[PDB]
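Structure note - CB3717 present.
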Protein chains: 2
Amino acid sequence: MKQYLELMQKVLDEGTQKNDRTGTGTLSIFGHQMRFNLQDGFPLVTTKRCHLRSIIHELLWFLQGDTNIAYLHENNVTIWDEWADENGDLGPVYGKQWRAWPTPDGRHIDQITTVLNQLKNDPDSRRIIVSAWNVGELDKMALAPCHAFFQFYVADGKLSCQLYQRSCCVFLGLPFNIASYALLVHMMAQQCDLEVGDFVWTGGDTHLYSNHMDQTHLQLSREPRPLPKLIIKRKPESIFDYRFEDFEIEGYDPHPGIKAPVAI
Amino acid sequence: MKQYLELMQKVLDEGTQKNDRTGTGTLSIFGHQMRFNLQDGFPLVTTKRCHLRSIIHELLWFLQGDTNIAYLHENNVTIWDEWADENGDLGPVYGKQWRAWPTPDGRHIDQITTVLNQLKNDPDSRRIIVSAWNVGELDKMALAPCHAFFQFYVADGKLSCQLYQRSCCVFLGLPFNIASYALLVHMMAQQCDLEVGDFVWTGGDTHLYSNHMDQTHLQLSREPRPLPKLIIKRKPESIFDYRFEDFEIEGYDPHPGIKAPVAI
Ligand SMILES: C#CCN(Cc1ccc2[nH]c(N)nc(=O)c2c1)c1ccc(C(=O)N[C@@H](CCC(=O)O)C(=O)O)cc1
Ligand SMILES: C#CCN(Cc1ccc2[nH]c(N)nc(=O)c2c1)c1ccc(C(=O)N[C@@H](CCC(=O)O)C(=O)O)cc1
Ligand SMILES: *c1cc(=O)[nH]c(=O)n1[C@H]1C[C@H](O)[C@@H](COP(=O)(O)O)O1
Ligand SMILES: O=c1ccn([C@H]2C[C@H](O)[C@@H](COP(=O)(O)O)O2)c(=O)[nH]1
């Protein structure tokens with residue numbers, strides 16, 4: 001899409017040559033923001049074919065508060081296998097923090113439940129937030145949260161959301177993170193009887209890995225196409241009752257997929 | 001400053017009306033990003049005379065890990081009075097989370113010292129973050145954090161910083177926050193022998209209160225003046241050893257001050 005393709009061009013033109021913890025190298029910029037009016041369509045990239053199957057199961061996985069790769073493997077979703085332990089645990093990552101943030105005194109906070117109730121009962125609140133950046137448990141996580149902080153906002157019966165991504169692999173992860181959250185917004189909006197608003201993406205270290213240069217140049221050649229439309233075919237009793245089948249993307253006519261190496 | 005004034009104009013041009021828990025009306029937009037090249041000068045508002053004394057003392061107070069206003073009173077800083085209890089306590093706000101975020105294991109994490117060490121030993125890290133948003137202790141705080149989370153970044157021997165402010169009172173609090181963090185960056189930079197880079201400001205619910213409209217337009221009719229210059233007259237042994245006298249602001253010729261009501 002326009003915004004995404006511009007971010008790619010920006011990294012290429014202004015990026016800085018940094019050496020990352022991988023050793024692979026990187027072109028990087030710091031601080032960037034894009035706005036996606038969800039009224040214009042689901043922000044799923046068209047200049048390259050992306051698969052929602054994994055994006056959806058991961059999100060539903062997150063909402064369960066599950067941090068064991070089990071559910072994902074049972075649905076043929078790899079993504080988190082390269083960081084899971086023997087048993088398939090990743091530590092108190094997204095999900096554990098979303099559904100059971102640990103207080104210093106033993107209790108547990110349910111941020112998703114809180115956010116739902118604030119949306120329904122105090123939509124004007126300026127502190128409707130979900131944070132995965134739990135400092136006290138970062139050392140117990142298989143990896144530090146990339147999409148670490150998000151805030152909801154209601155205005156004219158519309159639900160908007162801003163995500164703060166500390167680290168961003170522009171080529172591989174961004175398309176995935178964007179669709180993931182756009183998805184959540186729709187789910188929340190349906191559960192609270194609100195129209196969808198804007199999805200605002202904000203990133204910290206935004207980069208393109210060196211061995212992605214070819215792919216990026218290839219993708220920048222392709223013309224963006226009309227955005228598809230997300231369809232929710234059922235309104236569950238709660239935001240925790242959604243099932244994979246409930247979603248359907250209509251009108252998605254993307255350019256062919258582009259394979260690329262994942263630096264771990 | 002150009003960036004600041006354009007923000008105000010944007011809120012006024014694109015903001016929708018909302019009601020906050022203070023019973024006061026507001027004009028707000030959601031999601032915005034601002035950039036300040038610290039090498040251009042110290043980002044202190046000139047279209048309105050600002051008070052540095054308080055800005056500096058609050059910051060030192062934060063770095064000390066202090067959450068009681070006694071210190072602020074000794075130096076005659078009043079900014080926090082309205083929210084302190086009978087004993088001057090504000091609860092586990094900024095200072096406490098920064099210097100001693102409590103984990104569930106009974107440990108405590110000093111995030112400031114941590115980033116300092118990351119800045120010196122692994123400046124390329126994409127996890128140099130300080131968060132005051134402790135879901136577990138929000139209910140003990142006199143006020144939920146406004147400048148909630150910030151990330152550092154190094155490139156070309158320059159230290160940049162990005163702040164995420166969930167809620168922002170454009171006319172009254174923003175000038176304070178900008179200058180506060182710009183100061184933290186200079187200190188962090190001086191301690192790490194780095195040159196200052198950019199201070200990126202990212203806001204969530206950015207608003208102007210209904211009773212600030214006249215002052216806002218008054219200020220908006222003024223022409224920004226050249227940015228002042230910050231001069232540190234000493235290099236302390238640690239980031240925690242700066243005194244008020246170590247700082248000098250030169251070339252500050254602001255327009256007349258503009259008194260305005262604070263929503264509590
Ligand atoms: C962001 C995020 C979550 N994540 C996590 C995640 C973790 C480490 C990373 N490391 C690097 N170098 N780049 C990344 O974008 C990245 C993303 C993802 C995991 C795998 C794929 C991936 O390789 N894509 C495959 C599979 C897609 C699918 O199964 O649906 C592809 O062919 O597109 C994408 C996103
Ligand atoms: C940010 C922050 C810290 N804070 C804390 C803080 C806490 C709650 C808030 N609530 C609201 N409604 N607006 C705010 O900006 C705000 C700021 C401050 C508190 C007061 C002033 C203030 O009254 N402004 C006067 C100060 C005069 C003086 O120096 O004594 C001014 O005109 O500058 C500024 C900063
Ligand atoms: C909070 C503290 C700060 O440092 N700076 C700020 O601008 N503020 C503002 C935001 C808002 O006007 C009010 C907080 O209200 P709430 O927590 O959003 O409900 O103070
Ligand atoms: O949802 C995700 C997860 C990971 N990453 C990327 C960010 C970095 O490219 C790398 C993680 O590295 P560190 O930030 O921890 O160094 O994977 C994303 O872009 N999105």
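Every chain is numbered from 1, with letters handed out A, B, ... down the list of sequences. Just so it is clear, the values below take in all heavy atoms, side chains as well, and ignore hydrogens, waters and symmetry mates. Atoms within a ligand are numbered from 1 in the order they appear, just like the ligands themselves.
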In what form does the model contain CB3717: which ligands or which chains? ligands 1 and 2
Give, per UniProt, the macromolecule that holds CB3717 (ligand 1) with the most contacts. Thymidylate synthase
Taking 4.0 Å as the heavy-atom contact limit, which other chains touch CB3717 (ligand 1)? A
Heavy-atom contacts under 4.0 Å between A:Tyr209 and CB3717 (ligand 1): side chain, backbone, both, or neither? side chain
For A:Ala263, take its heavy atoms, then give the atoms of CB3717 (ligand 1) lying under 4.0 Å from any of them. 10 (N), 11 (C), 12 (N)
Heavy-atom contacts with A:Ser54 under 4.0 Å: which atoms of CB3717 (ligand 1) show up? List them by number with element. 28 (C), 29 (O), 30 (O)
Measured between non-hydrogen atoms, which UniProt active-site residue of chain A is closest to CB3717 (ligand 1), and how many Å apart, rounded to a whole number? A:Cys146, 6 Å
Enumerated CB3717 (ligand 1) atoms positioned under 4.0 Å from heavy atoms of A:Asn177: 1 (C), 2 (C)
Nearest heavy atom to atom 20 (C) of CB3717 (ligand 1): which of A:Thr26, A:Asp20, A:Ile79 does it belong to? A:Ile79
Is the shortest N/O to N/O distance between A:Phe176 and CB3717 (ligand 1) below 3.5 Å? no
Under 3.5 Å: N/O of A:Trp83 near N/O of CB3717 (ligand 1): no
Within-cut-off N or O pair, A:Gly173 and CB3717 (ligand 1), under 3.5 Å: yes
Which residues lie close to CB3717 (ligand 1), i.e. with a heavy atom under 4.0 Å? A:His51, A:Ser54, A:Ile79, A:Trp83, A:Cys169, A:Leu172, A:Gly173, A:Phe176, A:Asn177, A:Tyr209, A:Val262, A:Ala263
